[PDB]
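Structure note - efavirenz present.
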Amino acid sequence: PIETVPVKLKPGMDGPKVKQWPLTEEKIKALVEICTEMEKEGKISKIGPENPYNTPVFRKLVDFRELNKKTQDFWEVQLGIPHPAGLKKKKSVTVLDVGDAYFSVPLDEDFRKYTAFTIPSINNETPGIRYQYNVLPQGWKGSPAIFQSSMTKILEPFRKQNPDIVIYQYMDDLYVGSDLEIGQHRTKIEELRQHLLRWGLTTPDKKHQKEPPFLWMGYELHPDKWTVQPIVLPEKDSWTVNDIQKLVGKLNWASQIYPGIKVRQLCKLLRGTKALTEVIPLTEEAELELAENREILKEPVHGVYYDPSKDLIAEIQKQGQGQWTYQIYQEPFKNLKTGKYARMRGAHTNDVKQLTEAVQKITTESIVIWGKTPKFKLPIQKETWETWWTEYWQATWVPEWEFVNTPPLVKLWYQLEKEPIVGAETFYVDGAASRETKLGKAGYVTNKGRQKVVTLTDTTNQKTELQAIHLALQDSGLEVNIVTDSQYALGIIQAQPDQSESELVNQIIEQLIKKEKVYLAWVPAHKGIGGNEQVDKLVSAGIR
Amino acid sequence: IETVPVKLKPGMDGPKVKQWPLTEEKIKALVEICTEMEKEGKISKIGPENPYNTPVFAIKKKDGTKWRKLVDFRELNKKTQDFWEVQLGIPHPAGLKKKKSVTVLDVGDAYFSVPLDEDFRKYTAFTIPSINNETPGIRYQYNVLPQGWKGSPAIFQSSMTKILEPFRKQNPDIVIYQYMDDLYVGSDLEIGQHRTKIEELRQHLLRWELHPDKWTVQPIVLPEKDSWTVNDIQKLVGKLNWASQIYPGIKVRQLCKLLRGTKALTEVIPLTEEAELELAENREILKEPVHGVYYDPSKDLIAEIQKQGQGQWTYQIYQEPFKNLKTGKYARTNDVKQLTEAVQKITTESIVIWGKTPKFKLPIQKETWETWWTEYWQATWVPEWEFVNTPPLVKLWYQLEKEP
RNA sequence: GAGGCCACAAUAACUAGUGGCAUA
DNA sequence: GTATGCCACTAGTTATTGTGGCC
Ligand SMILES: O=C1Nc2ccc(Cl)cc2[C@@](C#CC2CC2)(C(F)(F)F)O1
Ligand SMILES: [Ca+2]
Ligand SMILES: [Ca+2]
């Protein structure tokens, strides 16, 4: 006796009362044949007028989307699935598929009446044969959570007597692993089959059991290693939007074991609204990226399982334009898994910051898969990290990492001054734009009497404040004081960006490395502060 | 023993909060703790037909590194708030904030004896997760009043007054306040005979060091200079102009007048008499108690924190922005560790003064906070928190507070 | 009776709060 | 003139499409 699990409908809802559409004669003859056998085995029972519910007859015999919508929620199982790199190496592995899974769990008695369904009559002159389920139906929302729960109770006694044997439940399958030599493993497998059989659960016998490797969730699981099923990424002379979507899916799937995969350039090609049939021209830096990906995927790879008595090491490399790859291993050149990290894209972020978020993502993934955080090896000097994080408003914390000298390193290209530079020319910068016409001006005025204004087309307030800083840098000497009222423009400069999507900010970073001393100061707009006032009158002339 | 009926507000569903993933060392500690709690009847395993869930963590608590279990009942507490505040609300003693010394004691085990209403137990569901999702997840629910639920002291409150009522006749100038699983004992007695007086209470109930007036708001102090430069004036003007949202009497008009025309930043600027006077009233506004701020009991408290650098943090407690009920400085290891002790300091001080915990605004990325906050947590409550940027002028302003 | 369900990713949309600015 | 947009930081949500699965 497997005990039933009490199941209720959602508050306020009654059961399904859907109409059964007429079917072909060749279809009704098959249904009454399936159903009479299910009645003889006790899985369904003929019902009659006392039952007011119905669900249309349909993998699945019956289509329960209406019932499923009205069924209570379950705090449901197999939220996530194991990742292979978190499994331990085994000597012997078996997979048992439980044949009569749902047919072996009785459905809560007072819930049975909601699973009613009708095989219709041929000419619909007659009413049809009506049934309901006595067991978990295929396709009912509760069957997976209730079967899993039953299987967990059935496996408790066997798990207890056999501590050394690992059993993972996955849908209808048991994955059974052990360090026993194959013969003594098979003795245990058959003991497990007998245990399951007491509750009516049937499994393949030794002759019918599959041999490693096991195909599971797109992986190929060996006793000592794992790989993905082999990626095939096509070769086309014209790429459609749907095709590019397909490639990014394969490439992102591949990036968990193939190191150094990069998708950022094929992703840019999917921006904007575009029909799925539109042939999209590959930009050549996307073509270049698609090329190095075809290279990576020609070599063969595998990952190894996890030895819980070694440390995990995670190593990160910069791949340029906000892209990062990483590798997890415990023994050198024997990866458990790899992955990638990609920035927001539109925004320009400091490289120390991008690296810290790669670490953050990897740390979270690593607690999920192995239950412990890794030791990091990062292309950043311990004092480059220190000067950046002690000068930044935000808190962070990487518990243990160390410098590894694999270029491109991350470094701070420039260092701004804390105090104004004596004898250097003071620039007051400002910009202005009108939203309607998208016209703007940017300029400066100088304590030494100099001034400039430039007019810009298709621009914004934010761009003109950066243009104005662009000009002050362009037209000053190796030492300069600059004064702005844009905390935006100023924050971009202090949070030294990596090379980004904006050519304006890249020019500015370039100008700032070439400088020898630069002090930047913020003043509030519209306060009568000299300098700022003079440049504001200049720049706002054609604009306000 | 008979259970108080409990109920969610009649439009509400139960907690369905996702469990943040745990380390292996804490999953093992939770499994051990929970089999012992189940063996004593406190929790029960539940089936899949229970759809609710509430996160669970493990913290090192009671100064000893024997693991403790912390259930994060924040969502449930919000969903039962009329029950534990309107109907069975503990009152907060305004006198507690004035005692010279206040110690805090864990009254957590007292809830274990009291049963919990049948129809409410499903809402206390939690889930011990498993590494790499390799096993389905061990589900329990409470049979006794849970620590961390705010309705626990609300229900046990009538029993709690009878344990302490004999004590109150003895020492009638001692004040006791209960906030969740904690007892705050207020005394004006010398520190030597404070500990003897707080032990005898501890011994008394088993048979069944804060200094609040040391806390005090420091005033802002401005630069004092023999010579002022264009740059010094510009930095000061930008700060005082921002700070006028806090002190409306602050003025920068006479300081801005000194910055006539396009000056080099290093030029020296003599403070005229009008400037010296404006600066001198500005100082006096800032050295005086801030005024016009008063606590509104129908409003959430908010606590904001700024990373000041070099192991220094500034914080403000308020209800409406710029109307600070309190400000202060927390001093000294890593950012997350320091930030966790600041949050706990600010929360108990907030419990003592108002009987409420503030909603925190933390200057950290959420995912980093969610990875590490239990590494140093010692408290039985968990405040509400959200994650924010820190504008530069905020950091620059509260950096000017005087030190003890 | 026009497929749903899980993880991950990309895209789009709705964004909201803080901040300084930019036009009215 | 409060009302907006402009984007840096912080936090999201509902839809589509794709990869890998399942029913
Ligand atoms: O912990 C291990 N180690 C391991 C190694 C190889 C194989 Cl093929 C299988 C396993 C196993 C599993 C599983 C599910 C992911 C399918 C097993 F349960 F043991 F089978 O889990
Ligand atoms: Ca400006
Ligand atoms: Ca301007």
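Lettering of chains follows the sequences in order, A, B, ..., and the numbering in each one begins at 1. Just the heavy atoms: all of them, side chains too, but no hydrogens, waters or symmetry mates, feed the values below. Read the numbers this way: they start at 1 and go in the same order the structure lists the ligands and their atoms.
- For efavirenz, every matching ligand or chain, copies included, can be listed as ligand 1.
- The chain sharing the greatest contact count with efavirenz is, according to the PDB entry, reverse transcriptase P66 subunit.
- The chains other than those of the drug that have a heavy atom under 4.0 Å from efavirenz are A, B.
- Using a 4.0 Å heavy-atom cut-off, the binding site of efavirenz is formed by A:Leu87, A:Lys88, A:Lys90, A:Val93, A:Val166, A:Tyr168, A:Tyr175, A:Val176, A:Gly177, A:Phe214, A:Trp216, A:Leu221, A:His222, A:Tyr305, B:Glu134.
- Under the naming in the PDB entry, the designation for chain B is reverse transcriptase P51 subunit.
- Going by the entry, the organism behind chain A is Human immunodeficiency virus type 1 group M subtype B.
- Note: other ligands/ions under 4.0 Å from efavirenz - none seen.
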